[PDB]
Engineer: 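Pulling up diclofenac bound to Prostaglandin G/H synthase 1 for a closer look.
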There are 2 protein chains.
Amino acid sequence: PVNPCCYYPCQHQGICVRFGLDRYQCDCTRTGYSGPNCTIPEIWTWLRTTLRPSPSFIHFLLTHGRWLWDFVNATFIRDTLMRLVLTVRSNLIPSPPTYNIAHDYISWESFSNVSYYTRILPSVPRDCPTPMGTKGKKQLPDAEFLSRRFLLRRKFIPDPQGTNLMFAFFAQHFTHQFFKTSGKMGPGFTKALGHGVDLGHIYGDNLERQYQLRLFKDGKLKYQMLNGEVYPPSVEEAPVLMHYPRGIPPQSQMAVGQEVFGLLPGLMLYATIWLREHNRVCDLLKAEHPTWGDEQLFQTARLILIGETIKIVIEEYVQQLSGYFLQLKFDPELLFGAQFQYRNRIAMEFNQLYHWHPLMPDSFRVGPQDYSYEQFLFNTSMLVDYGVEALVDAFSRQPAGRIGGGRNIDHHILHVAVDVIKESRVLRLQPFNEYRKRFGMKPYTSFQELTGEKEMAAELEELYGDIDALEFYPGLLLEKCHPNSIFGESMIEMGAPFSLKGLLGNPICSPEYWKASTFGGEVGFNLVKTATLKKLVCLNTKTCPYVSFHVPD
Amino acid sequence: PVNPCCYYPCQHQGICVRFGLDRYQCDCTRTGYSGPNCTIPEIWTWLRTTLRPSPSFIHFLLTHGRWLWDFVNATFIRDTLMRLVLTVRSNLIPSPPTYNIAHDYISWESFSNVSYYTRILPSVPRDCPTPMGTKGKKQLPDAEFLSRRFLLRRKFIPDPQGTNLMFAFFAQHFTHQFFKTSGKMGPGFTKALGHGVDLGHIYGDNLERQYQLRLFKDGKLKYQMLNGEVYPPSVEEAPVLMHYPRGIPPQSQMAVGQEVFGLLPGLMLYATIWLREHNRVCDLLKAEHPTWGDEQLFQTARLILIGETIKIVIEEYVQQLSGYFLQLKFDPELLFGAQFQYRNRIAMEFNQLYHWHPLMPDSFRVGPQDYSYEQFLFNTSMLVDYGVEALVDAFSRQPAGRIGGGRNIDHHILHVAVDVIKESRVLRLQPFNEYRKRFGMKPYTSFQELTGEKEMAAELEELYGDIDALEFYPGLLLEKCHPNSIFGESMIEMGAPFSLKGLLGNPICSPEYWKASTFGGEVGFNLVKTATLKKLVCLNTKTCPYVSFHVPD
Ligand SMILES: *[C@@H]1O[C@H](CO)[C@@H](O[C@H]2O[C@H](CO)[C@@H](O[C@@H]3O[C@H](CO[C@H]4O[C@H](CO[C@H]5O[C@H](CO)[C@@H](O)[C@H](O)[C@@H]5O)[C@@H](O)[C@H](O)[C@@H]4O)[C@@H](O)[C@H](O)[C@@H]3O)[C@H](O)[C@H]2NC(C)=O)[C@H](O)[C@H]1NC(C)=O
Ligand SMILES: *[C@@H]1O[C@H](CO)[C@@H](O[C@@H]2O[C@H](CO)[C@@H](O[C@@H]3O[C@H](CO[C@@H]4O[C@H](CO)[C@@H](O)[C@H](O)[C@@H]4O)[C@@H](O)[C@H](O)[C@@H]3O)[C@H](O)[C@H]2NC(C)=O)[C@H](O)[C@H]1NC(C)=O
Ligand SMILES: *[C@@H]1O[C@H](CO)[C@@H](O[C@@H]2O[C@H](CO)[C@@H](O[C@@H]3O[C@H](CO[C@@H]4O[C@H](CO)[C@@H](O)[C@H](O)[C@@H]4O)[C@@H](O)[C@H](O)[C@@H]3O)[C@H](O)[C@H]2NC(C)=O)[C@H](O)[C@H]1NC(C)=O
Ligand SMILES: *[C@@H]1O[C@H](CO)[C@@H](O[C@H]2O[C@H](CO)[C@@H](O[C@@H]3O[C@H](CO[C@@H]4O[C@H](CO)[C@@H](O)[C@H](O)[C@@H]4O)[C@@H](O)[C@H](O)[C@@H]3O)[C@H](O)[C@H]2NC(C)=O)[C@H](O)[C@H]1NC(C)=O
Ligand code: HEM
Ligand code: HEM
Ligand SMILES: *[C@@H]1O[C@H](CO)[C@@H](O[C@H]2O[C@H](CO)[C@@H](O)[C@H](O)[C@H]2NC(C)=O)[C@H](O)[C@H]1NC(C)=O
Ligand SMILES: CCCCCCCCO[C@@H]1O[C@H](CO)[C@@H](O)[C@H](O)[C@H]1O
Ligand SMILES: CCCCCCCCO[C@@H]1O[C@H](CO)[C@@H](O)[C@H](O)[C@H]1O
Ligand SMILES: CCCCCCCCO[C@@H]1O[C@H](CO)[C@@H](O)[C@H](O)[C@H]1O
Ligand SMILES: CCCCCCCCO[C@@H]1O[C@H](CO)[C@@H](O)[C@H](O)[C@H]1O
Ligand SMILES: O=C(O)Cc1ccccc1Nc1c(Cl)cccc1Cl
Ligand SMILES: O=C(O)Cc1ccccc1Nc1c(Cl)cccc1Cl
């Protein structure tokens, strides 16, 4: 019989619905296109497409000509373009969410059950001739061999954008609040039910964990004093599930919102920094409202820290990553005259996309010392030994690896990428070319056009058989890179829409929540508006070291 | 020190926030007002208030002049006005939701924890001089004595709008999918985590329950055959928790989505019809899609039945109790050019408001038979004995009681109204007049202005002391009802914003969901678009009885 939806016949966000025994129909509703396969353009769509500049042209404009951008940033155009960046990107993501691992169709279970990761494109049907649809071979390339030949680091390729480990660990810390895949429920299921910037990696994904982390006085979190410095509490003081190597003494075990943070000094670094910020905010709130109870001081402080995150993420984190000459601005009031949905659901493709393990180097240089992976991983002493000040300085000076290009994942953590590709076939993600079309890009006609070179393309031509069979995750990390950039063109075009919908879709960005009273007055509101990475560290430390998302020079 | 927020100083949705020892500050952001109390209006605010007609004047316009409304309904002005009713009403509701029983302030916990009912106006602070704020007596009037003197039915007062029991049972059935107060967690908590029209009273509030009702063949729900007619299955066949009187084994019980439905035949009547509807819809969808599995057939039928519910509710259910000459219309497309959040959280005020126990008659009539409360309540054979047709005919012919005016609750179920007022004091709901202001109405200056008479006004003035001490629920029922109507001025103005935000805020009404493909093509899309109370009943029965929300002339 053969399922007609395996060919992906519907174009431009049309929906393949199986009718009768062998036929199909495309629902081209509000797609801007008509006809059986949604290809005949409406008057406005045809006009827009011929007048639309290429995605690369827009990226070129945003990365060149300082004289124009010095002017733009000092004018109203900054706010006009930022609004355009917000609206155009985030509208590519369905809201309310559509599909999940169980349903390749809209249902109430896909809407209400927040334990699911959502998906933009439906899974490849289980009745297709090839696991990627119709094109390609019956068996996809070996996940170990594909990572070994194309992803394994032979030499450290530094990021030309000057990105450091301070960014890398921020990226990991920030993302692991909404990427919490369930080990028992399996792939496609999440434990971070907040689905965005909830800070559940500081406070906990569940209520009882939070209560266990809370000192229940002045709204503050629990903490311990080691060498005159404030650190996260021990397991004895806060009895919560923490993933530590079995046998390790409880005095060496620290307790934070996310279970996996104790395994890396870079992760527990930010956990300390943010904990110091929470209690600091409580002190400012208490001086402003001495009549407030413990519960209000905590909840008000959480929203301030949620606002501080989004501020730093957009104006510094994205600023370093995108390399835009356009000065980015966190201002929810930009969307106040627009049709925007203040909700978010984490997609599995955003999970796959955010596996930036190439960022990690060969070693971890802290001052005169150079620490290996076996010296750095699962180390429960390093954070206390050096302190926040010394480590933040050390991570801001060490270069990070280039994400795109290829052959840049250190062999110690390569197994992750292997499992990511394995998870992609379990989830049955559509080919890379299908996602290219979903995010408004032209699909690649050959492997030579993808990598931009002759060598690595020829081997991939033999393995996959066809370009329309190329997988999602390998495509993003093997795509040609414009010199000076951190990754390929697709990463920006696929990632930004998710990322902005997660940031600005946070309820605090809504007209209902974006008020002074929400953050306990003007003091709390200004802390959100003026927050910086530098102010996140140095205000919570004795001295102020070099702190940035980029290395010196 | 005296709490300043006990005076409710901040007007027009301004937020009272405690500062220092004895000081307060109003957050007048986006209220349309400025200053210390949000009392001085902006240029556009002053313009709106002076040109705005009174609530009772627009209600007058909608309920008078047949000839003008015949013209309007046949033109685009029908759609123009419906869009206005949709937008202006539902915007009075905070979205995303703000407060709950735990927090009288915006928090992440209030946003994320869906086990809470939300609220529109914050509670009366615990450290206020009087239980209702600053007004009235130290001890609030007795709950049982208030119900016996002002709410207890002497002579039966029927609805002047000719509303029947078919409406009354629909009301109780329809509401108990989003009104499910958790007796274990307490007042202000809810098991109905859908917070809207999810049909959890048919399928279940949780997944494990839903799976027990489902056949897992053809997307259908389980059913038993009695007298050659389709009925809900036994609890012996579908093992789900149902609240039946002790001594009644699962062999006689019937298994449906909502636990309390076995207590009333009228509730079980509507459980049957929708179950017959679900399986009838499954049959239609199976013919269009013979390659669909069980899971897709079930989920798609649910979306259709949700679509059918909101359709009938707006164009007939709301049409009956509103008494508008304007032909109401369910078209989600009306909101596609508007700022509208497709989400809903059930408020405690909507819960309190929807206690329409006055609708219930002195005795239930089924043709020549007249069954009392003892015979009707907990009856297990009445539905099977008579059938669907006979009971639909009976409930459609018998008039329901007038909700407003007072003194129209039968002595059998008066204890509910006692528990509503008692729950209101635990929830610490603000005074009636404070809620009047919040839904754009002038507060009553006296009890005589509220009632319309003299006797009950003077006795309430003795019990409460002040009009600003009057409670939410008693105020709604003892209010004066305009020209021949179900209830008073406030019931529309307070309940309509809650309802329309609940109905149109359903995700199926969003541009993403409101497609033909979501309902499995045009056949499923038309069943929503052409849904009727009559078509819900007569298409699922052998013969077609009298079916309406009003009695025959
Ligand atoms: C949405 O929100 C509601 C309401 O908040 C919530 O309902 C429940 O919430 C919690 C449980 O999740 C219940 O909490 C109650 O309060 C006491 C607190 O007293 C003490 O608790 C600690 C003692 O217990 C612990 O002891 C040791 C450590 O001390 C520990 O090792 C044990 O494992 C044990 O847990 C103590 O540390 C602390 O200092 C306090 O003195 C709890 O003990 C107990 O759990 C109580 O039941 C609420 O009562 C629940 N219901 C209500 C109505 O409030 C929902 O869970 C939430 N929903 C979601 C989906 O998140
Ligand atoms: C977790 O991380 C902590 C980081 O604090 C580790 O603790 C530290 O471990 C080092 C050993 O590596 C301790 O000794 C230090 O190391 C030097 C090594 O010699 C140096 O090597 C270079 C290049 O080979 C040579 O040019 C020079 O000889 C140079 O000195 C040693 O000489 C010194 O004694 C120096 O202190 C260090 O003391 C210790 N830190 C603290 C605060 O005690 C820890 O090992 C690690 N844990 C695990 C389980 O891996
Ligand atoms: C659950 O509901 C069922 C209905 O399905 C109840 O069973 C029914 O009970 C009624 C009495 O309440 C039975 O009526 C019988 O028929 C006549 C009725 O009298 C007639 O009507 C009026 C008023 O009564 C009189 O003025 C007329 O003159 C006329 O006679 C009577 O003669 C019989 O004695 C008897 O009452 C009905 O038949 C019966 N149905 C079935 C199928 O058994 C059931 O009681 C109820 N459960 C509980 C606990 O009450
Ligand atoms: C969000 O959705 C998740 C996935 O649907 C839910 O995860 C869990 O719920 C599933 C369904 O309850 C679990 O599936 C299991 O199904 C087997 C099959 O047994 C069958 O059901 C009956 C068993 O009593 C039998 O009568 C029948 O004949 C048949 O054999 C059953 O054995 C298990 O008991 C269980 O129900 C599943 O284990 C689980 N996880 C996953 C990954 O599927 C979430 O509950 C849901 N979340 C929310 C908040 O609703
Ligand atoms: C040396 C440090 C690192 C180690 C040891 C490491 C290893 C791991 C491990 C063990 C997992 C969980 C198992 C799995 O999904 O394969 C994981 C997942 C993941 N990693 Fe890393 N990685 C590192 C660096 C990073 C960084 C810097 C980022 C951020 C750019 C990152 C992004 C992710 C993401 C998004 C997941 C999936 C999380 C989930 O779905 O639950 N990793 N990695
Ligand atoms: C004679 C028929 C009815 C009976 C026997 C009945 C019974 C009850 C009972 C026992 C409660 C719980 C009271 C408590 O303990 O707090 C309740 C609450 C309630 N009633 Fe009724 N009722 C009837 C009719 C109606 C009708 C017609 C409506 C109109 C919609 C209605 C609306 C409600 C609502 C919304 C609740 C609160 C639900 C919740 O949050 O749990 N009732 N009723
Ligand atoms: C409709 O879209 C389909 C995409 O599959 C196009 O291809 C179909 O029609 C062709 C011409 O009749 C056939 O050669 C193909 O076999 C057939 N595809 C499949 C999978 O069977 C088709 O061109 C489109 N129709 C129009 C009018 O453009
Ligand atoms: C479709 C009409 C819009 C005008 C598009 C002009 C073509 C853009 O051409 C662009 O030129 C840049 C350098 O100038 C390159 O960096 C880009 O790769 C290339 O796409
Ligand atoms: C001159 C700079 C203008 C920047 C404003 C445009 C930002 C919108 O970004 C656009 O988003 C679309 C959806 O993701 C993509 O299809 C486009 O390629 C991308 O440029
Ligand atoms: C100076 C401009 C004011 C004219 C706009 C008046 C709109 C208010 O509408 C008024 O509502 C009253 C009910 O309170 C009715 O009595 C009036 O007839 C009606 O015009
Ligand atoms: C001082 C001005 C504030 C009073 C506001 C009262 C306006 C009249 O009341 C209005 O009735 C309409 C009935 O269709 C609804 O659309 C509106 O939601 C309702 O506010
Ligand atoms: O957006 C983020 O938070 C990180 C991220 C990851 C992948 C792709 C884009 C982005 N951000 C981002 C955004 Cl939100 C806009 C423009 C350019 C970029 Cl790189
Ligand atoms: O829609 C409902 O649930 C019925 C309901 C209950 C309370 C208050 C209003 C309404 N309906 C209603 C609506 Cl939603 C709009 C205009 C007029 C009326 Cl009577």
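Read the sequence lines top to bottom; their chains are A, B, and onward. Throughout, chain A uses the PDB entry numbering, with the displayed residues spanning 32-584 in order. Heads up, chain B uses the PDB entry numbers, so what you see runs 32-584. So this one's X-ray crystallography, 2.6 Å, going by the header. When a ligand or atom number is given, it counts from 1 through the structure's own listing order.
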Engineer: Quick one: which ligands or chains are diclofenac?
Structural biologist: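 The relevant parts are ligands 12 and 13.
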Engineer: Using a heavy-atom cut-off of 4.0 Å, which other chains touch diclofenac (ligand 13)?
Structural biologist: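 By heavy-atom distance, the answer is B.
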Engineer: What would you say the binding site of diclofenac (ligand 13) is, if we count heavy atoms under 4.0 Å?
Structural biologist: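 With heavy atoms under 4.0 Å, it is B/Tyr348, B/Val349, B/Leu352, B/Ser353, B/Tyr355, B/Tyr385, B/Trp387, B/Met522, B/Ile523, B/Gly526, B/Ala527, B/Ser530, B/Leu531.
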Engineer: Check whether any N or O atom of B/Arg120, backbone or side chain, sits under 3.5 Å from an N or O atom of diclofenac (ligand 13), and answer yes or no.
Structural biologist: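 Between B/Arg120 and diclofenac (ligand 13), no N or O pair is found under 3.5 Å apart.
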Engineer: Does diclofenac (ligand 13) reach any of the residues UniProt lists as binding heme b in chain B within 4.0 Å (heavy atoms), and which are they?
Structural biologist: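 Per UniProt, none has a heavy atom under 4.0 Å.
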Engineer: Just need the protein heavy atom nearest to atom 2 (C) of diclofenac (ligand 13), so name the residue and atom and give the distance.
Structural biologist: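 Nearest protein contact, heavy atoms only, for atom 2 (C) of diclofenac (ligand 13) is B/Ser530 OG, 3.3 Å.
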Engineer: Please write down residue, atom name and distance for the protein heavy atom closest to atom 15 (C) of diclofenac (ligand 13).
Structural biologist: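 Here the nearest protein heavy atom works out to B/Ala527 CB, 3.6 Å.
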Engineer: Nearest to atom 10 (C) of diclofenac (ligand 13), what protein heavy atom do you find, and at what distance?
Structural biologist: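 Checked against all protein heavy atoms, atom 10 (C) of diclofenac (ligand 13) sits closest to B/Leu352 CD1, 4.1 Å.
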Engineer: Tell me which protein heavy atom sits closest to atom 17 (C) of diclofenac (ligand 13), plus the residue, atom name and distance to 0.1 Å.
Structural biologist: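 The closest one turns out to be B/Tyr355 OH, 3.5 Å.
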Engineer: What I want to know is whether B/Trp387 and diclofenac (ligand 13) share at least one N or O pair that is separated by under 3.5 angstrom.
Structural biologist: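 For diclofenac (ligand 13), there is no N or O atom that lies under 3.5 Å from one belonging to B/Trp387.
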Engineer: State which UniProt-annotated active-site residue of chain B is closest to diclofenac (ligand 13) and how far away it is by heavy atoms, to 1 Å.
Structural biologist: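 In chain B, the nearest UniProt active-site residue by heavy atoms is B/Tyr385, 3 Å.
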Engineer: How far is atom 19 (Cl) of diclofenac (ligand 13) from its nearest protein heavy atom, and which residue and atom is that?
Structural biologist: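 So the nearest neighbour among protein heavy atoms is B/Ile523 CD1, 3.4 Å.
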Engineer: Would you mind telling me which transmembrane segments of chain B have a non-hydrogen atom under 4.0 Å from diclofenac (ligand 13)? Number them from the N terminus as in UniProt.
Structural biologist: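 The UniProt segments of chain B with a heavy atom in range: none.
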Engineer: Which diclofenac (ligand 13) atoms, with their elements, are less than 4.0 angstrom from a heavy-atom of B/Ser353?
Structural biologist: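 So the answer, numbered in order with elements, is 17 (C), 18 (C), 19 (Cl).
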Engineer: For atom 11 (N) of diclofenac (ligand 13), what's the nearest protein heavy atom and its distance?
Structural biologist: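 Going atom by atom, the protein heavy atom closest to atom 11 (N) of diclofenac (ligand 13) ends up being B/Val349 CG1, 3.7 Å.
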Engineer: Heavy-atom contacts with B/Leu531 under 4.0 Å: which atoms of diclofenac (ligand 13) show up? List them by number with element.
Structural biologist: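 Contacts of diclofenac (ligand 13) toward B/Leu531, numbered from 1: 14 (Cl).
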Engineer: Going by the order shown, which atoms of diclofenac (ligand 13) are within less than 4.0 Å of some heavy atom of B/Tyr348?
Structural biologist: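 Taking each heavy atom of B/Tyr348 in turn, diclofenac (ligand 13) has 2 (C), 3 (O), 4 (C) under 4.0 Å.
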Engineer: Please state which protein non-hydrogen atom is closest to atom 3 (O) of diclofenac (ligand 13) and give its distance, to 0.1 Å?
Structural biologist: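 Checked against all protein heavy atoms, atom 3 (O) of diclofenac (ligand 13) sits closest to B/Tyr385 OH, 2.7 Å.
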Engineer: Are any protein N/O atoms closer than 3.5 Å to the N/O atoms of diclofenac (ligand 13)? If there are, list each pair with names and the distance to one decimal place.
Structural biologist:
{"from": "diclofenac (ligand 13)", "atom 1": "1 (O)", "to": "B/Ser530", "atom 2": "OG", "distance (Å)": "2.5"}
{"from": "diclofenac (ligand 13)", "atom 1": "3 (O)", "to": "B/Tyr385", "atom 2": "OH", "distance (Å)": "2.7"}
{"from": "diclofenac (ligand 13)", "atom 1": "3 (O)", "to": "B/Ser530", "atom 2": "OG", "distance (Å)": "3.4"}

